[PDB]
Amino acid sequence: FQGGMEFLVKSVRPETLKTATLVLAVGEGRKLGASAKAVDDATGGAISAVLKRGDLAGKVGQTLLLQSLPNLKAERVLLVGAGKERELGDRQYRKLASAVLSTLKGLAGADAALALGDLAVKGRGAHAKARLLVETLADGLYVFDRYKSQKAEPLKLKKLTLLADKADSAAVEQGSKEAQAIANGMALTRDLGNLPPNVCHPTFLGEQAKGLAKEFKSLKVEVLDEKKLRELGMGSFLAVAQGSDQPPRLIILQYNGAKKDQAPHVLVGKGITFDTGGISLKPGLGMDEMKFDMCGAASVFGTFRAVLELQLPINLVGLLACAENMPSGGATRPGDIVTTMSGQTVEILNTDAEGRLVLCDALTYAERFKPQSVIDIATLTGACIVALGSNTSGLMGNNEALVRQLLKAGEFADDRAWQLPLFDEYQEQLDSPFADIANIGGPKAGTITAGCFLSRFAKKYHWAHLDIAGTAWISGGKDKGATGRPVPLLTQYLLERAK
Amino acid sequence: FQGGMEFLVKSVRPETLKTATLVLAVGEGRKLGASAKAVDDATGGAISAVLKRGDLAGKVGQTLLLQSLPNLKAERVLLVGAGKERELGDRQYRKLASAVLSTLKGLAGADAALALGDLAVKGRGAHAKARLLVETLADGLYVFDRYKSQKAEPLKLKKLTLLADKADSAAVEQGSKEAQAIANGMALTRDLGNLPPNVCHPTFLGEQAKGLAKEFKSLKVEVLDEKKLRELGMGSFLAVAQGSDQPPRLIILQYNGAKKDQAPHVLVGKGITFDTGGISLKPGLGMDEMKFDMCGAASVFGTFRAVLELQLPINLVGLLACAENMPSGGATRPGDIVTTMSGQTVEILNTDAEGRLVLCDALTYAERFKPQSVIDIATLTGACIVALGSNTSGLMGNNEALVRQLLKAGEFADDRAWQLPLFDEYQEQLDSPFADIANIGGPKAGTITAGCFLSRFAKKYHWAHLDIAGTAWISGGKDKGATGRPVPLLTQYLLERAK
Amino acid sequence: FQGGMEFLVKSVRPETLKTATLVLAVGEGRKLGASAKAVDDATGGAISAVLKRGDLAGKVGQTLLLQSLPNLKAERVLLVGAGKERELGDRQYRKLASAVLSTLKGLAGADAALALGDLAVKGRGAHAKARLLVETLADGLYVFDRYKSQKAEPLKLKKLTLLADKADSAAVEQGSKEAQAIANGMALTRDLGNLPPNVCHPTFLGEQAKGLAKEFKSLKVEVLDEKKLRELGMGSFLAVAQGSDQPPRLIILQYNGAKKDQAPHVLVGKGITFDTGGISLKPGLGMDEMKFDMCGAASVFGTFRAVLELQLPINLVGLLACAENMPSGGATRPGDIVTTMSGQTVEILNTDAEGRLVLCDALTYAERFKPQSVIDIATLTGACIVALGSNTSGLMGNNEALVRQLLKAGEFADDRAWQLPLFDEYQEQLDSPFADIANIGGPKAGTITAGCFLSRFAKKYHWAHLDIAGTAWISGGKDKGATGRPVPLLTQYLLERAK
Ligand SMILES: CC(C)C[C@H](NC(=O)[C@@H](O)[C@H](N)Cc1ccccc1)C(=O)O
Ligand SMILES: CC(C)C[C@H](NC(=O)[C@@H](O)[C@H](N)Cc1ccccc1)C(=O)O
Ligand SMILES: CC(C)C[C@H](NC(=O)[C@@H](O)[C@H](N)Cc1ccccc1)C(=O)O
Ligand SMILES: [Mn+2]
Ligand SMILES: [Mn+2]
Ligand SMILES: [Mn+2]
Ligand SMILES: [Mn+2]
Ligand SMILES: [Mn+2]
Ligand SMILES: [Mn+2]
C-alpha cells in the first residue's frame, strides 16, 4: 500500500489558513476551546449560532459539517464532538480522530487542517498526543484491494496539516515523524498478513526481504533454504516444514545503525504462512484466518521498515522462521521425536503446536549475535485469546527489566501487552517420558506452557515472548484483516533503547 | 477433621534429645550440616559410615531410616536428602517436608524431632521458613474419611518438635503458631468443599456458621433466608436460587478485633453448593467436581477460623452468598432480565454464569460496612484454568495498592495469585441491547469479563477478586479433593493488615 | 412503545414550505429531479453550487446536510443520494428512507418535509411507494428500552410531511394510513417478542389481550386456562405445558367487521414464551433467543392491532396457543404418547418439537369458526433458516389459491415468503409404529415435515402455514431483537381480502 499522505505541522492562525476543510473540536454543551472560539469570533459568531440550533450534542466523534463561513479562508468547517470531560482517554482520542478521518475520506477536499491542539489527553503531552493522533490517521488510510476487480475510488484528500503552538511544534513534528514511520511499517505488516497463503508462502517472504534490501541500502538480508537448515541441524523447524510442497525459509535481516561495539537487539518472528494443523488437522470453520499465522514474522518486517525509515542508532537483527504446515504422506506425525538445533530432543505430541517448533530453532540460532535482547513474536496460542482477548497481547520472558521495558512501550504506544508468569512449576507440564521436552503441556495454562517451551531455548540471553494470537488480526465483519500489531509496541521499545 | 498435632519449638542439643525419630538433612555427596555432623560425631561416625555405603544419593526427598545408633537417645534416625544447592526453593522445601511426613506417618513412633534448622531457603528467614514448614506438615495431616466405612488407621505420631537455635526460636514459634492456625482453617475449608452436595447445601452452611460462633465467642453470625433476600431486593441472587428445592442463604460473619474506629475488611465468598449450570446445563463428564463450587465461601470460613484462633487485632466481615444451581420447571431461563440489589438490570444470557449473580448482590450488600477493603473469592471461570492453570489464582481489582498487597501475601504464603487487567475496553463485551449488563462476555477474555461484571458492583470501595477455579481443588487421582486455597494468602494478607 | 409520529401529506411547493429540514433526492452525477431543481432555482443555484464541490457522490443513502439557504423557509436542507438508475428497487428505497431517518433522528429539528415524490420505484405507484416509505420510517422509530436504566434521549422530530402532487395525494394518504397501522401493530409485536421470558409468560399474554380489548371496543377476548384445555381434550398442548410452573393459555381474539354471513379468517399463532427444548434440552449457546419463540402469537396481536386501527370490513379470529417448554420432574418425556383434540394419537419422539404440539390442538379448535381461511404463524424449524435464510419466511399449505394470495401479499409488503411443497411422499416420514403420528420426521426436509404434521389437523378448511423461525427476529449485533414480521404480509393479505 503506497500511503503517501503528507502530514505537516504549522503554527499559523486557523482563522486565516487556506484549506479545503478546517477541523475544530466542540465540547458537550456547545463549549468552545481557544482555537474554536477564535474561528467563531472571525466568522462573527456563525459557528456558535449554528451550534445553538442543537444538531451537534458534542459527544465524542459526532460531527457537523459547515460550508463557507464569513471571513474564513477554509472552504468547509468540520466540527467534531469531544465529549464533556476536560481530558480524553486514549480510546476517545482515537475515536475522535477516526471520526474526523472517516468524514474527510468522503469529501472532495484535497487537504484538511486540524485545529485540535486544545484537546487534552490523560497523561500525554504534545509529542505523545501527536504519536497517537498521526498513527491513527495514517493507519486509518490503509487499503488492501489487491484482488478486488473493482478498486477503491482514490481519495481526494492528500494532505493533513496539524496546527500547533510554536512552543509545541517541534514535539508534534517529532511525534508525527515517528508515527508515520510506524504506520508505514504497519502497512507492510498488514499487506503480508492479508495476502492469501497460495501467494504469501515462505519463498515469497524471502523475496519480500530482498525487496526491502533494495529499497533500504542500510539493510542486509540473507535467505536460508532447507539445505542450510539441515546443515545447521534445525530438526524441529524442518519437521514442521516437511509435510508441505512449499520449502521453508529462515530470513535474516541485519541493520547496523550503532557502533560495532553495541550488542544487537534480535526480533524473532513466527512465519507460518498457513497453519492447517498438519496431521493434527484443524477444524474447517474459520481456518482461512490461519493465513495470518505469519503475522509475527510480518511484524518483524514492519518494525524493520519503521526503524529503517527513522535511521535509528541501534543494531537490529530479524529472524523470520517461515514454513507452511500441511498434511501429507510425508508429514510429521504425532509421536515423532526430533533433535532441535540446541540438541534438546522434542516429542511432537501435536503437529498443530508447530510455531514453537520453528521458533525454538531460531532462538538457538539467535545466540550467535551475542544479543542484548531477544524478542519473539508469534500468533501462538488460542489460549491467549481466552486469557487476554483480542486487545492485549500476552507477554512472557526470562528477564524482568526487558519485560517491563516492553510493557512500558506498549502503554506509550497504546498497543498494550500483559505479562503472564513462567513459574518453574508450569515447566513439568512439558515432561515427556520419551524426549527432553514434549511440545504441548495439556489443557491447563496453554499460553504459559508455550512460553515455557520457548524459554528452554532462550537461557543464554535476555528474552521475551509476545503471543499475538488475539491482537494480530480482526476475525470478521467489515474490518476483517491484519492489524499490524505489535509494530507500534516494538518500534516504541526500540525508540527507547536508541536514546 | 480434629487435627490435634502438637508442634513444639525447642533449642536443645539434637544428639541427647529423647525422641522416637530424629530427622536430619543430608546433602548430595553425603555432605553434613552442623546439626547432622554433631549427631554423627556423637555416634562415633555411624551416620557417615552408613552414608559411605551409598544408598542415599541425597536428592531432595530421598530417605534412609536408621534404627538405634550408639550414644543417641533417639530410637530412630531419619535421613532426608536436601539436594546439592546451598539454598532450597519453596517447592523443594515443601517436598522435603512432605517426604519426612510421609515416612513418619508410617512409623509407630509417637513423636519426631526435626533438626532441620541448617537448611537454607531462598529469601526466607527463620519465621518465613517456619511458616512454610509447619503449614506443609500440619496440612499434610488432613484426612477426610467421613463416608468411608473403613476408617483411616489412627496415626501413632502425635507430636513434632522443631529444633531451633535460641536466637531463632521466638521467630520459629511465631511462624509455627500462625501456620497452625492457617492449617486449622484450611481443614475446615477442605471439609466443607469435600462434603457432597446432598449434605453441604446452603442451609447446612448456615448451621456451620452458627456452629463456628458457638466455638468462638468473638464471632457473631447472622443467616438470612430467601424472604430477607427478597426484602433486600437481591434479584440476581434469587434468580440463581429459584430453580432448586434448596433455599438460598446469605451468611454474615462479623469479628471485631480492633477498635470501633477501624474500618473492616470484608471477604465475600461464592457459595454455590452445587452447580449443574441450570437450564444452561453442564455436560455430565466431571460434573461431580461442582460440589467444590462453594470453595470460595468455604475459604471465608477457613480464613475466619484462622483469624479467630490468632485473635488478630482487625475488624473482619464475611459474606457467604450460598445457593444451589438446578434445572427445573421454575428455574431461571436464558434471556431472563432481573433487577440486582444495586438497581442495575442484568440480562441472564447463560444460567451457568451464576456465581457472579450471587456475588454482585453480596457486593452491593457489603457497602453498608464502609469497608477499607473488599475481596471476593470464587471458583468462577474455566477460562482462569486456561489462563493460569491449577497452581496460580487469578486476581483482578479496582485498586492497585490492594492488588499489590494480595500478590505480596500470596508470594509470602507460597499460595500465589497473578493479576489480570480490567481495562475499560473489555467492559463493552458485557453490553446488552436489553439490560444494563449482560452476565457473559463471550468466548474472549472470559476470566477478565467476569471480573469486569463484578467491578460494576464494587465502585464504592477498594475491591479485589480472586478467581480460584483452578486452585481450589485437585480434580483427579489419589489426591482428588479441596485444597483449602486461598486461606494461606487471605490469612497472610490479614496478618499484614493487622500490624 | 408509544410511537406518536405524525405523518402528513401535503401538495404545497417545497421551496416555500416552512420546515426544520427539507429533504431532497440527488442522483449520481449531481443530477436534480423536478422538486430539487425547483428548490435549487429558488436559492439562486446554491444547491447546484455546493454539489459542484463534489462532496456528495449521490450513491443511495449518502447524505449532505445544508443549513439556511437563500430565499427558502426551510431551516436546513438534507440532500440524500438516490443512485444512478431511473428506478430504485425496494431495498434501495428502504435504504434511502433509513438513511434520511437516521440523519433526522440526530437533528434538533421538530419536523421534516420529504420532497421525494420524484423518485421512481420499480413496479410501485403512489400508494405502493407510500406503503413502503411510511412503514420503513414509522418502524424505524421503534425503541425498546424498558429495562435500560439509562433511557433513550427523546427525539425532537415529531412530524414528517410527505410532499405529493395533488393527483397522487389521495393514494399517498391511503398508503400512509395503512403503513402507520401496520407499523403500530409491528411495535406491539416487537415489544412482546423483546420482553424477557420471566415477564412475558402465557398468563402475561392473556392479560395483554385483555388490555387490547380495553383499547379497542370492537375486539372481544377470551382467555382459556389449563382446566378448560383439559375439558376440550387438547392432550398435546397440555403435554408441552406440563413441565413448566407457568400455566398455559389459549387466547381467543374475535373481531367482526363484516356482516354475520361472512365466514371469518383465522390466524393461529405459536406462543411458546420460552423454549428450553424440555427433556430434549437445547444447547446453552444462543438459547436466550428462544424468548422470541412466541413471535408467531405476537404477530397475531400485531395484525389484530393494525386491523382494529383500520376498522377493516372483515371477520377475524385469532388463536394464540401459549405455553412455556421446561424440563422438570413432571415434564413430557421422549416416547410419550398423547391424544390430541382431534383424536389422533401422537408419539412425542422429541420434546423440542413442541410448537407443532400446541398448534395442532389449536388447528382442531379453529374448526368451530367455519373459517374461509386458516393461517398459522410459528417460529417452527431451524431447518427453515437452512432452506430460506433470515429474510424469506417459509410457506406451506393445503390450498393453492390461499398460498398464492399470501405470496402476493408478501411481495407487495416487501415481507416475502416462499412456498415449500407438502408432497404426500414426505408424509411417511412421520410414521410411528406406536401412534397415529410421530412429532418428528428426521434430518431430511425438516421444514416440510413440520408442515406435513400440521396439515393432518387442517383438512377441514383452507389452510396455510408460515414458518418464521428465520424472519421473526435478528440474532445478534446492535440490532438484535424482534422484527415484527410477518405483520406486513398478514395485514396486506387481510387488506386484499377486505376489498
Ligand atoms: C495444539 C495446542 C497445544 C496449540 C494450538 N496452537 C496453534 O494451533 C497455533 O499454531 C495457532 N496458530 C494458534 C491460533 C489458533 C487460532 C486462532 C489464533 C491463533 C492451540 O490450539 O492454541
Ligand atoms: C458460562 C460462562 C461464561 C461461565 C462458566 N462459569 C461457570 O460455569 C462457573 O459457574 C463454574 N463454577 C466455573 C468452573 C467450571 C469448571 C471448573 C472449575 C470452575 C465457564 O464456562 O467458565
Ligand atoms: C426437534 C426438531 C425436529 C425441531 C426443532 N424445532 C424447534 O426446536 C422449535 O421449537 C424452535 N422454536 C425452532 C427454532 C430453533 C432455533 C432458531 C429458530 C427457531 C429444530 O431443531 O428445528
Ligand atoms: Mn498450529
Ligand atoms: Mn500456528
Ligand atoms: Mn456455572
Ligand atoms: Mn459456578
Ligand atoms: Mn423446540
Ligand atoms: Mn419452539
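Order of the sequence lines fixes the chain letters, A, B, ..., with proteins taken first and strands second; residue numbering starts at 1 for each chain. First listed ligand is number 1; within each ligand, the first listed atom is number 1. Method of determination (from the header): X-ray crystallography, 1.7 Å. Atoms considered below: every heavy atom in the structure, side chains included; atoms not considered: hydrogens, waters and symmetry mates. Not the full deposit; the contacts listed refer only to the portion displayed.
- The option from Bestatin, promazine, brinzolamide, rolipram that is found at ligand 1 is Bestatin.
- In this PDB structure, UniProt names the chief binding partner of Bestatin (ligand 1) as Probable cytosol aminopeptidase.
- In contact with Bestatin (ligand 1) at heavy-atom distances under 4.0 Å, by letter: A.
- By the 3.5 Å distance cut-off applied to N or O atoms, A/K282 is counted among the residues near Bestatin (ligand 1).
- Residue contacts with Bestatin (ligand 1), taken as heavy atom pairs separated by less than 4.0 Å, involve A/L380 solely via the backbone atoms N, CA, C and O.
- Under 4.0 Å from Bestatin (ligand 1), there are other ligands or ions: ligand 4 (manganese (II) ion), ligand 5 (manganese (II) ion).
- Between A/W473 and Bestatin (ligand 1) there is a heavy-atom distance shorter than 4.0 Å.
- Residues of chain A that UniProt annotates as binding Mn(2+) and that have a non-hydrogen atom under 4.0 Å from Bestatin (ligand 1): A/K270, A/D275, A/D293, A/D352, A/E354.
- Within a 4.0 Å radius of atom 10 (O) of Bestatin (ligand 1), the protein contributes at least one heavy atom.
- The deposit lists the origin of chain A as Pseudomonas aeruginosa PA14.
- Contacts with Bestatin (ligand 1) closer than 4.0 Å are made by no heavy atom of A/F292, backbone or side chain.
- When heavy-atom distances to Bestatin (ligand 1) are checked against a 4.0 Å cut-off, A/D293 comes that close only through its side chain, counted from C-beta outward.
- Within the set A/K270, A/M294, A/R356, A/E354, the minimum heavy-atom distance to atom 4 (C) of Bestatin (ligand 1) is found for A/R356.
- Per-atom contact check: atom 7 (C) of Bestatin (ligand 1) touches the protein, criterion being a heavy-atom distance below 4.0 Å.
- As deposited, the model links Bestatin (ligand 1) by no covalent bond to any chain.
- Using UniProt active-site annotations for chain A, the residue nearest to Bestatin (ligand 1) and its heavy-atom distance (rounded to 1 Å) are A/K282, 3 Å.
- Protein heavy atom in closest approach to atom 16 (C) of Bestatin (ligand 1): A/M290 CE, 3.9 Å.
- Near Bestatin (ligand 1), within 4.0 Å on a heavy-atom basis, the structure shows A/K270, A/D275, A/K282, A/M290, A/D293, A/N350, A/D352, A/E354, A/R356, A/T379, A/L380, A/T381, A/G382, A/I440, A/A469, A/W473.
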